[PDB]
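Spike protein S1, liganded with AZD1061.
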Amino acid sequence: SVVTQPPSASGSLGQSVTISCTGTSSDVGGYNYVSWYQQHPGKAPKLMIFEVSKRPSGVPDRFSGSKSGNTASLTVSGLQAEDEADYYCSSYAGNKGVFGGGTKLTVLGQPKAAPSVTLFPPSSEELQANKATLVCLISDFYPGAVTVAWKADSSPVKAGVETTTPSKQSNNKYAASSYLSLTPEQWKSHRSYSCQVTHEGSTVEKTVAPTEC
Amino acid sequence: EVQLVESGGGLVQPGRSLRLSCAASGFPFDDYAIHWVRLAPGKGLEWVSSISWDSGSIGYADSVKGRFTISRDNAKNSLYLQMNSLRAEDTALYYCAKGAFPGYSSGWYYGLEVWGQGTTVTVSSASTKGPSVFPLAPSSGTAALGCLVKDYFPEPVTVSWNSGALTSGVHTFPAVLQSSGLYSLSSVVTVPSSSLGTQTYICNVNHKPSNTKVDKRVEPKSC
Amino acid sequence: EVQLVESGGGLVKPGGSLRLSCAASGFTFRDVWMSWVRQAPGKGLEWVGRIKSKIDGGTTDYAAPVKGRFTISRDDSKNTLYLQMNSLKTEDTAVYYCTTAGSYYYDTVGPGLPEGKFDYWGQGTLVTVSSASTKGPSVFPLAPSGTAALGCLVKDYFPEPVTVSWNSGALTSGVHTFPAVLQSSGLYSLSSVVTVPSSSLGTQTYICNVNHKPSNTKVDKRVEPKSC
Amino acid sequence: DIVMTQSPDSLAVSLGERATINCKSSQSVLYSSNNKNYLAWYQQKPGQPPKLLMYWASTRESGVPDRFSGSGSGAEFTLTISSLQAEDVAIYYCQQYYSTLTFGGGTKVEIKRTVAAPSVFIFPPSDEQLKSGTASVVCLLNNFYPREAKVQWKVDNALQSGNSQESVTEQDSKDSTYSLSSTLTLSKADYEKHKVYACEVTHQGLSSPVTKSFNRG
Amino acid sequence: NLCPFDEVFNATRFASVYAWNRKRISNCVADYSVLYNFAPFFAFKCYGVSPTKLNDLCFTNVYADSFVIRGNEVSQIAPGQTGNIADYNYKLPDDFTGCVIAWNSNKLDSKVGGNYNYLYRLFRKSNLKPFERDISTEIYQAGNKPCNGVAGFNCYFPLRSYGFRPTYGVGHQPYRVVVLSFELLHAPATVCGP
């Protein structure tokens, strides 16, 4: 089967948190070969616990494994910002292993980070392919929530707007990007385009113009 | 170092077949038993198959039962996975992983120490599409410049700068889903302003899906 | 309780032979790897030998200096350890402890420790290897004249030492059984002084009990303030 | 076998200070088959057997305070007492059990203390003894510190030599004090040739030298 | 002339499971008095063979295998019961026509400082053949660098210790095990004890 594991968990900075993991008597309750794996975005999994509660070389004591029947539990004390990641348990089951559904851990109490907006106008090369794109790039912000609003001159545009959901960078912070598509005609028509980036009640409007080239 | 690197994946028409390869390096692979594990978008880790060193013990997963076929050439230090009758559900990232010590089931007992960085497998009926790359110039005490990888499918693309020599200040953004179901990415580097007359910057885009490489030269706009 | 009582040390002539005996009680004796460890005056501990449990073979191991001059024995029915010593030397003069040290790391005994521990040592008997003769000690008062002081002077005896117990050992006010000095003639003299208050001198009969079992001298000397 | 080594040989620190001992082995006592060090630490107060402090190089014996704590692995071990107490004065031995039993050289641990002037007492010869024809004059110096002291016998103001013998105690478990005994052995003949038998004590605790003395009358 | 079962079960020291001991029993009447052998064993189960007075039968040889493992892994000693112990520390045949017995030893094998006498073969290249044994104690050069006969980075020893402590619970308490293999060759049966 698939192993019951809550989708989401949470804990404040410095606190603890437990990630339960419920299987059957033929896996979690069958053998004490329960592992736990940490996976950060765009990287391979890491072995964090093996044999229920044993830690490999170079893994903090903060992390501690345990079990009770068909329910294994991973507890992470002295929670740090970097702990904010996904976690799955593993188990032997006779010539085969099985994983949990997984749990995404969010670490609260991380300090606010202001966003840094960098808007780029259309390149003439692009324009020379009867296309135009403005490139707004957010970064270094926390929490992840951000609103992006574009405006042609004073008048906002909601077409050709595409926007990331903020992802996490090596700065342990976030990074969104909005792309406004235009026709070359629209670009030269309006005297400017702007990118409002609203984050935690504070705002950043950057502005670009065809005059800027 | 002990190093598993997986290759052999991309776009493939639903119902077709495809064969992946895990290149071993820095350990007696010929003793160590190896496993395939896949990570489906949104979903988590899922066991695929397990092959003993001697290839005398092979378990497959219920999902891929009588569909996939694992193999290995101990001489060439290579693990293979022949995937036939592919479906959308297979569409995932495919990791190759070994146990720290050498046992078929040891990997399960004492965990899987070493994992490769994976090769991505897309089972879509959609078409491939190679990117259009465009320079995001600065205007000549640092300067931000980059370039724009635009309208491609599937993921991923890689961007390196100055033939991978320019490494610092670099931030390749995650890509949006183009409304047309493509992708649009933007690599941006921060460099000294003083260097815009001296240094010339080139971003090295690569979309192997398409078999399409691009080196775009980014230079200060004339006004 | 558990206890390890060594018996049979004393004076033995150079090249002579002597049988030490350790009477053990309190713990499962036959399961433990018993050892002898010796100590020369002022010098450190030195392992002598070991006998393993007879279920673990009953192998003997001896140190380099005593290699093939000593012979360890065992009697599990009587719970007693022996050390047979032959071709003794002046180097071998030392106090010999029997101990359970080095056992628990290998032995087959489990968690049910007698007093919650395993490493036990005896008081250990003194083996003096000299070609000299025995001599009984002389007992002389160190008389008293706030808090005064008084003692007993044990003087001239061989070998060392003498057991000095102040008032059946009850008195412990300032008992200072200083080690007996080696005399030019090989004899031994100490001054077991026990500082006690003035007032108290009126009462509190001060009778040090000196015992020297090599010569088998038992002396109870009462120390009285002098009239002058 | 294995040459257990210790350093330093002697050690003295104040009350509640950091007391630090070491051990060096000619081989490794780290057994790969279980990943345990086969090493122990032993406390021995004078006149008593050794007491086990530490085994497996780390694990304390029942009831030993957290004060004591053994660390290290392989062939360079160490036992540190966080804060040295009065009774902690003793010699300690690092005995490995990896190969039979071999003990270290030994490290003597002593307490430093505020200066302590000696209480002094002379005892004249005993009537009983004088019959036998010998004179033993004693001098006591109970409760003194530091250890270094000078005791001169002087008979009718005559600097004596060659006829004295001393015995220092061990540093009192509690008081952390020393005591000394100087015994002046003379023949009855000589003992009668003189009148005043004095003992002069030079110490740090005494401003100017103190003398106690007796008169045969 | 009964078989020496008392020597097997009430032995002072049992073997580490990796070098599991094997005591041949031949030329003796194996009267099974387990029903009243003065020991309340944790459990008992005869695989293939049955304990219901089957003593009447005459066997060629009986190989009694002994060792100690953790309660958790008591099950591992069974036909088809894969795991560490099964795969690296002794294994039975799928067609196991024999009994197996084991019991708690916390008051026999648990040592205050931890028990390190008992060792479990951690890793091994191949799974063990039924009733096979390995006492290999060589370092494995997992690393692309040699070990020079030492354990360290990517250089591993092939054994480990159960470190039994009474504080531990049932799961990690020492449990001794005795196995009953019933051999029947062309040689005349030497043990019946009907």
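Letters A, B, ... mirror the listed sequences (proteins, then strands); counts begin at 1. Quick note: numbers below take in every heavy atom, side chains included, and nothing from hydrogens, waters or symmetry partners.
One finds AZD1061 in this model at chains C and D.
The heavy-atom neighbours of AZD1061 (chains C and D) at a 4.5 Å cut-off, by chain: E. Lab note: contacts of chain E with AZD1061 (chains C and D) map mostly to UniProt domain BetaCoV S1-CTD. The source organism recorded in the entry for chain E is Severe acute respiratory syndrome coronavirus 2.
Measured as heavy-atom pairs under 4.5 Å, the chain of AZD1061 (chains C and D) most in contact with chain E is chain C. Epitope of AZD1061 (chains C and D), chain E, heavy-atom cut-off 4.5 Å: E:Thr12, E:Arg13, E:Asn106, E:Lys107, E:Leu108, E:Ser110, E:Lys111, E:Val112, E:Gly113, E:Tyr116, E:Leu119, E:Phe157, E:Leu159, E:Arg160, E:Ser161, E:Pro166. With heavy atoms under 4.5 Å from chain E, the residues of AZD1061 (chains C and D) are C:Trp33, C:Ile55, C:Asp56, C:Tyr104, C:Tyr105, C:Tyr106, C:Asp107, C:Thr108, C:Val109, C:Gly110, C:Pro111, C:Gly112, C:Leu113, D:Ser32, D:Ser33, D:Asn34, D:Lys36, D:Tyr55, D:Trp56.
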